[PDB]
Asks: 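Today's structure: one with pentamidine.
Convention: sequence-line order gives letters A, B, ...; per-chain numbering from 1. Counting starts at 1 for both ligands and their atoms, in listed order.
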Amino acid sequence: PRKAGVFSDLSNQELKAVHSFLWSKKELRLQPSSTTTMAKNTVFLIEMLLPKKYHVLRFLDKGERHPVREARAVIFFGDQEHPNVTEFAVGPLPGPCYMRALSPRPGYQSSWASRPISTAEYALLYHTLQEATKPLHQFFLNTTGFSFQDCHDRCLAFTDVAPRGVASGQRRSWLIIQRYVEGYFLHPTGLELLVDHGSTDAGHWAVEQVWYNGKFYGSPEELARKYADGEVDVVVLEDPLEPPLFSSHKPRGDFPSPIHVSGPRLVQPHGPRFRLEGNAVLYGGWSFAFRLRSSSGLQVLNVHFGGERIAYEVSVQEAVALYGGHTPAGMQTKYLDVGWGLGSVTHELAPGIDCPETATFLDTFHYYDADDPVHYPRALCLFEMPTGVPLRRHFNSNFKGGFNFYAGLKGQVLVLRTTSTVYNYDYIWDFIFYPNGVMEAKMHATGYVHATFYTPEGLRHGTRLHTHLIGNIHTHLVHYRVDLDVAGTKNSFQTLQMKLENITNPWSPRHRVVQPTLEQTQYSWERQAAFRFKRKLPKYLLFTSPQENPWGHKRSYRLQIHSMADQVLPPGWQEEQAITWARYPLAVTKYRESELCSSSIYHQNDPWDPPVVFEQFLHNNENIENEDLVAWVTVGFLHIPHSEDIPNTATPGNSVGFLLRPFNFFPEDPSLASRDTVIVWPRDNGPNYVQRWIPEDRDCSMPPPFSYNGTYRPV
Amino acid sequence: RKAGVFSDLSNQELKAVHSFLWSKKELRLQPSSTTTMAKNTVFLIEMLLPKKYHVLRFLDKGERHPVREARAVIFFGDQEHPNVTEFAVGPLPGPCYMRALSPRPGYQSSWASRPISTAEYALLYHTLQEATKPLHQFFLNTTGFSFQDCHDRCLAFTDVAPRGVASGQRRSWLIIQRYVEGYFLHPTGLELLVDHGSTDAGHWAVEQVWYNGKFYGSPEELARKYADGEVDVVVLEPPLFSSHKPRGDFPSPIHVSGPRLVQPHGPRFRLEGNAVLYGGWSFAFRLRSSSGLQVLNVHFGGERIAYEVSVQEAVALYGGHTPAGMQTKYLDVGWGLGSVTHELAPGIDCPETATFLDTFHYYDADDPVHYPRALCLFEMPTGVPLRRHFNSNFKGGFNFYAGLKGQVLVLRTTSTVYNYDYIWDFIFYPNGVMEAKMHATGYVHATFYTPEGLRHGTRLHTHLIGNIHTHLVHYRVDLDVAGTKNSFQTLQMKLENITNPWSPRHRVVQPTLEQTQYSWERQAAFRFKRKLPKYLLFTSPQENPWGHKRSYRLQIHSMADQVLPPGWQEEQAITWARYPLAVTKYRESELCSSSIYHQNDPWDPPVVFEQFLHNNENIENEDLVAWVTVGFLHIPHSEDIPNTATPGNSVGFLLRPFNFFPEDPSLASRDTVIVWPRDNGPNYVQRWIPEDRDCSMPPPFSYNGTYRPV
Ligand SMILES: *[C@@H]1O[C@H](CO)[C@@H](O[C@@H]2O[C@H](CO)[C@@H](O[C@@H]3O[C@H](CO)[C@@H](O)[C@H](O)[C@@H]3O)[C@H](O)[C@H]2NC(C)=O)[C@H](O)[C@H]1NC(C)=O
Ligand SMILES: *[C@@H]1O[C@H](CO)[C@@H](O[C@@H]2O[C@H](CO)[C@@H](O)[C@H](O)[C@H]2NC(C)=O)[C@H](O)[C@H]1NC(C)=O
Ligand SMILES: *[C@@H]1O[C@H](CO)[C@@H](O[C@@H]2O[C@H](CO)[C@@H](O)[C@H](O)[C@H]2NC(C)=O)[C@H](O)[C@H]1NC(C)=O
Ligand SMILES: *[C@@H]1O[C@H](CO)[C@@H](O[C@@H]2O[C@H](CO)[C@@H](O)[C@H](O)[C@H]2NC(C)=O)[C@H](O)[C@H]1NC(C)=O
Ligand SMILES: *[C@@H]1O[C@H](CO)[C@@H](O[C@@H]2O[C@H](CO)[C@@H](O)[C@H](O)[C@H]2NC(C)=O)[C@H](O)[C@H]1NC(C)=O
Ligand SMILES: *[C@@H]1O[C@H](CO)[C@@H](O[C@@H]2O[C@H](CO)[C@@H](O)[C@H](O)[C@H]2NC(C)=O)[C@H](O)[C@H]1NC(C)=O
Ligand SMILES: N=C(N)c1ccc(OCCCCCOc2ccc(C(=N)N)cc2)cc1
Ligand SMILES: N=C(N)c1ccc(OCCCCCOc2ccc(C(=N)N)cc2)cc1
Ligand SMILES: [Ca+2]
Ligand SMILES: [Ca+2]
Ligand SMILES: [Ca+2]
Ligand SMILES: [Ca+2]
Ligand SMILES: [Cu+2]
Ligand SMILES: [Cu+2]
């Protein structure tokens, strides 16, 4: 269990140790992230940097030494003539002595433009807007009752969309202006503004274009003028500030059948049945470690069942929302969430709501756009829950008014969960473990939709959800890395299909038997195992070991994809270079340390020329027979918003993911070791014998009272 | 309750229909249990739904309760030309009449088409026992079991269907097995073809014999060749591999019970008879002995969504190396899918807190039979909030957290015809989303291992091949979105490529929303070849407050494909499986896509789904019916031993509100919690129901396992 520490995130202490070491190098001229100038040197991100798999596996499987522990440190070098972003690996931990180059990209010049936005930058943007929009002040008051200057409880706000321009190196953002009320995401005013904020001197920043209610205007002054001269068809918004605001979660309406009491709840009188210690988990047959990468999010590592490895890594790689729109902001929006620290917006899970009251809730620390490491309460939870459906059951009838036996095993699952709330949407990320060796990855979508100001032309790109509101059409796409090591590193990939044959009926020569047969297809090269959305995806996608089970069949795990995704952008066109993985519901690559990730934090702001292009992993078309393979999986769905998305998108029917299922891996059902199985047997002239291996439970316990903090701060 | 119009027959009603028929002396009725085929007997009695026209006038326009009737299926075997005839028996209470249903002029295979029965099995077993006497020593030597003086070491058989090569035949292949715990997985290597068509069991014959990859013609021939050394024979306390009993050890053993649901404040749904209320939901349900579970007159927010959602048929289509294997196309409505609803075990099949419901079936029985805990109805936490949001202030704090705990209402039954157990769910979420689901578990259909079998399945044990097969299920989904008259429409994303309106030298290539209308049935019949649109909408002409048509969306969760070749022989029985989705104009002559007869005459069945589409009717502003196929290929694997498990082995569909309600319909729920910050104090936790931490105990576990007349 101490071995799982190799996969563990950095502690508050280690984050501080790395930050202090960076600050001790006076030549870096490092300033705090909150300093409100772009022309500064700052440490933007610090997170644990996984050691090489070769070394980890020798540590884990061969008794060799613990690999050196390091942190990734991303430094924004704004305080120089040619600003750039450079990454380092800082180590060792404990006792940092060195910073070495990490992911160097020599000859690329747009790193500064590619960098994530930051709190300091937002503050300066708000300053830029307050000055630049002064001509529109009276316009603001007349059309909205809110303002940017001299506001207190009636402030305008903005939401920036990305990417930021039409080509690599640009940092020109469209901004959707909204009223800052409860659920402000759903309150666009009809104004959108394009700001060039590329220069490290914010005094050079300019609103270069203005869109209001269907027309472009060139500058704030021009719109002000034309409005003053009565030449603008404006939409005067009603006052927002008894009934709840449409964008509030507050209850309204009544069901015809009143519900006055709390619903059923999980109790756990015996406590957890899994063993969670640090980042190590044991649960029946299962053994795995986890981590929460601040940049990209949740990972489960070194996953075993039955004491045998199944997967070295399963991890979220990227999550995107690709929009169409009638407004410039809407037609600009391709959100890539790793560009926003998908793994560090893991905000507090509410006990009894976000996870069961019986869950184990876990804190973490993140250092992402911060002056010090920040404590995130209840960032993750781990819990066992009844699925409501038995894992297996059978009624063995005697067909004479009775039975020979009933047998059943109550359905339970272990769930590891976190969330990501960057801004409007809340994604819920689950890794789920079933007692029979099946594991499942799942994303659910909830929170607020990305929405723009209603005009009639908007109906070609979305749905009217309220008086002044359009929910823009978009597609959610998530990419997963699935480094399966089925019973070991060396695997192959094959598929199975049903194929009909047409033979002479062997017992009636005058007749035919047209019937299913089992067809196996082997795959030798990466390109053969790169399935595009147009291609027919076989029903059995198997990752196999050369080892056979006792019945002569190769030991395999099957990948089963649950998705409504499709090709969204045209392959090869401009920003689509950022998301070439989204060409493939499944693609298989040969493992490589230079190919651990399909995305990065830089992809959002330079989608034209990003540091990783997944398609390039397929270029060399490597042999994949008896090799360390990585499966990569795209899942997602088209979301055409509808009125039921107000105030929030709901989770029912809004999840996607995949299952990993053993297929001839174990000699028989691996859940047979469960002692929860019950078999009822008849007895002549008596009550039935209920055979158990664990006593019947009716015990009771109570969860702690509900609490919720809502703050996240350094400790 | 008006939902009584949809209710199944009570014990009293079943007895009343049976008594009435038995009082007609000219019918010459005898009990199902009488062990001759040359008898007249009432095979099945269940409630026969009135016409939708009359039901809606009763429900919606305050008119008379429709006439209540029973469907009665009579096997007329005691006549020169045996047949099956169905009757409408009514009225109820106090039956007077008996009216013949659905004639088929020119169809001659009625008797052959009829389901197998207990009495037919007793006669088959007698035939096998007699016909296999020459193989007695062969049986003992090769298996240690036999049919004679066998006691604890008896052979058994599993029949496959369909039963022959053409309409009118009744020639069944029988898989010989050792009768032990989980006998389904113990084939001996012997299969037997028996012609049992004549009403005189005296005429029944073993016409062919298959053993370990060779045909032998008769039991006598196999016996002689065995004696003469001319047969390649396979000669066949930890638990048996076919047993559920625990063995093996987890690396981290678990010794205590897992978490459980408690419901100290009682159910939050209201059940009165067959009528259910739950938050916004109102619906009725029935358990049709022939075809299985239905939900009817489904309402949310006082508005109708669907008149009927029902299981229509469930099939398992096999390939194989053995003749039984290559013969098997099971169609479970042919086995009374809805009357093998055996006892739900509290805590396992449904939560300990569930409401368990009994029912009565009259299917191949002498009297109506009580089935304890045949269905269950329960609310359970889903473990994922229906909605949640963390509204950050981006300065180390928050403006609010809002969340609604996930709960769902589940209505469940099962069907275990024999080896497999299907679990049938209809699931209702608080936001107006309903879901249908089937899960497969129980024992696989399996045959004797030879090397040749590996082309049609997987070796799962020493002597066992798990045959490859596809599961396909058909649902009838009579959506009545806000009313009877609807249209069908699909939406897709289509890209446009325009001049970037703020940078003219550049392009915007972006999503647009494309809407497709459908005017004729055939346009809305989607084959598995065709690309299925992402939005499948059934729409009312009514608009929501924002100008969009009020609709429900159908979202299918399936791995199905075309299995049999269209137009080829038995595929005639399952033409519906050509279509993941097809839409028809409502017709009283097309209430069902299958029947109890399809299994035993798949070549010339009484209902051919394809014919529903032949008139290619207008579906603009009509009473529409969606028909949905879901399923999956199952290539068996060793983890299916002793049973297939439910994780990942489920299919179904969702029905989702799409611009039907002005905003999220779950906003009426008082379970929502909002946490607000407070200046210089603790947070305000706003609730509309008090926090609850009460615990209580459920009923102690019990299980009966018998199903008898009352
Ligand atoms: C991104 O910015 C960093 C930091 O500004 C660059 O690294 C720095 O490169 C300079 C040379 O350009 C190094 O500074 C010093 O140069 C003098 C030359 O007179 C030399 O005598 C000193 O020994 C020293 O090297 C500096 O060491 C180095 N800083 C770090 C932290 O590595 C980096 O090259 C820029 N990247 C790109 C792609 O332009
Ligand atoms: C399976 O193969 C058989 C044999 O080739 C096909 O049967 C022939 O079908 C044609 C009509 O298309 C007839 O003219 C022949 O008389 C048939 N021959 C025999 C020997 O029966 C049959 O159609 C094939 N079926 C499928 C579904 O592929
Ligand atoms: C959220 O958690 C923080 C950390 O525990 C709380 O801060 C503490 O507040 C208590 C008052 O009950 C003081 O006794 C401590 O001195 C505080 N500790 C620190 C480190 O600041 C804070 O009260 C909680 N906030 C809410 C809204 O519940
Ligand atoms: C199936 O058998 C039934 C019962 O023998 C036949 O029904 C009888 O038909 C005769 C002559 O048409 C009538 O006089 C009787 O009233 C019928 N008896 C009953 C109980 O309805 C029927 O003709 C046969 N069906 C077919 C299609 O041949
Ligand atoms: C979108 O449309 C534009 C304009 O038709 C296409 O751009 C043209 O592409 C051809 C071939 O590459 C060039 O020779 C022309 O110079 C381009 N014209 C302009 C005005 O840019 C573009 O290829 C289209 N993109 C997609 C993905 O369909
Ligand atoms: C299953 O249920 C039946 C019906 O309730 C039980 O039969 C009853 O058993 C009690 C206890 O001896 C008798 O006094 C009653 O006369 C029985 N009632 C009927 C209608 O038979 C039966 O015992 C139960 N079986 C099992 C195995 O639990
Ligand atoms: N779905 C999307 N991609 C997305 C949608 C809208 C949006 O527009 C508002 C601007 C974001 C305002 C808040 O931005 C951050 C950034 C990083 C962290 C962090 N990692 N700590 C926390 C908050 C941004 C992203
Ligand atoms: N999957 C399949 N289709 C199936 C698989 C195997 C099988 O093999 C042995 C025969 C079954 C013996 C029991 O048959 C019945 C019939 C009807 C009822 C009823 N509805 N009451 C109850 C039991 C039968 C069906
Ligand atoms: Ca490669
Ligand atoms: Ca691998
Ligand atoms: Ca028609
Ligand atoms: Ca309808
Ligand atoms: Cu969405
Ligand atoms: Cu199956």
Asks: If I want every instance of pentamidine, which ligands or chains should I look at?
Replies: ligands 7 and 8
Asks: Determine the main partner chain of pentamidine (ligand 8) by heavy-atom contacts under 4.5 Å and name it as in the PDB entry.
Replies: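 It sits in most contact with Amiloride-sensitive amine oxidase.
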Asks: Which other polymer chains sit within a heavy-atom distance below 4.0 Å of pentamidine (ligand 8)?
Replies: A, B
Asks: Hi! What's sitting within 4.0 Å of pentamidine (ligand 8) if we only look at heavy atoms?
Replies: A/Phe399, B/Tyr121, B/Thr158, B/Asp159, B/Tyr330, B/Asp332, B/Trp335, B/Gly336, B/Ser339, B/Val340, B/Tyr363, B/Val417, B/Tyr418, B/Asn419
Asks: Could you tell me whether some N/O pair between B/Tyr371 and pentamidine (ligand 8) is separated by less than 3.5 angstrom?
Replies: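 N/O-N/O distance under 3.5 Å: no.
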Asks: Would you mind listing which atoms of pentamidine (ligand 8) come within a distance below 4.0 Å of any non-hydrogen atom of A/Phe399?
Replies: 13 (C)
Asks: Check the entry and name the source organism of chain B.
Replies: Homo sapiens
Asks: At a 4.0 Å threshold, what atoms of pentamidine (ligand 8) neighbour a non-hydrogen atom of B/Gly336?
Replies: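 Under 4.0 Å from B/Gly336, pentamidine (ligand 8) has these atoms: 20 (N).
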Asks: Which residues carry both labels: UniProt Ca(2+)-binding in chain B, and heavy atom within 4.0 Å of pentamidine (ligand 8)?
Replies: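 From UniProt's list, the heavy-atom cut-off leaves nothing.
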Asks: Run the numbers for me: atoms of pentamidine (ligand 8), each under 4.0 Å from some heavy atom of B/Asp332, listed by number.
Replies: 1 (N), 2 (C), 3 (N)
Asks: Purely on distance, is any nitrogen or oxygen of B/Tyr418 under 3.5 Å from one on pentamidine (ligand 8)?
Replies: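 So pentamidine (ligand 8) has no N or O lying under 3.5 Å from an N or O of B/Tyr418.
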Asks: Considering distance alone, does some N or O of B/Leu331 sit under 3.5 Å from an N or O of pentamidine (ligand 8)?
Replies: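 Not met; the criterion fails.
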Asks: May I ask you to list the atoms of pentamidine (ligand 8) that are less than 4.0 angstrom from any heavy atom of B/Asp159?
Replies: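 In order of numbering, the contacting atoms are 8 (O), 9 (C), 10 (C).
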Asks: Which of the atoms of pentamidine (ligand 8) are close to B/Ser339, meaning less than 4.0 Å from one of its heavy atoms?
Replies: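 Pentamidine (ligand 8) atoms under the 4.0 Å threshold to B/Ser339: 19 (C), 20 (N), 21 (N).
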Asks: Show which atoms of pentamidine (ligand 8) fall inside a sub-4.0 Å distance from at least one heavy-atom site of B/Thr158.
Replies: 8 (O)
Asks: Can you name the atoms of pentamidine (ligand 8), numbered from 1 with element, that are less than 4.0 Å from a heavy atom of B/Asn419?
Replies: 1 (N), 5 (C), 6 (C)
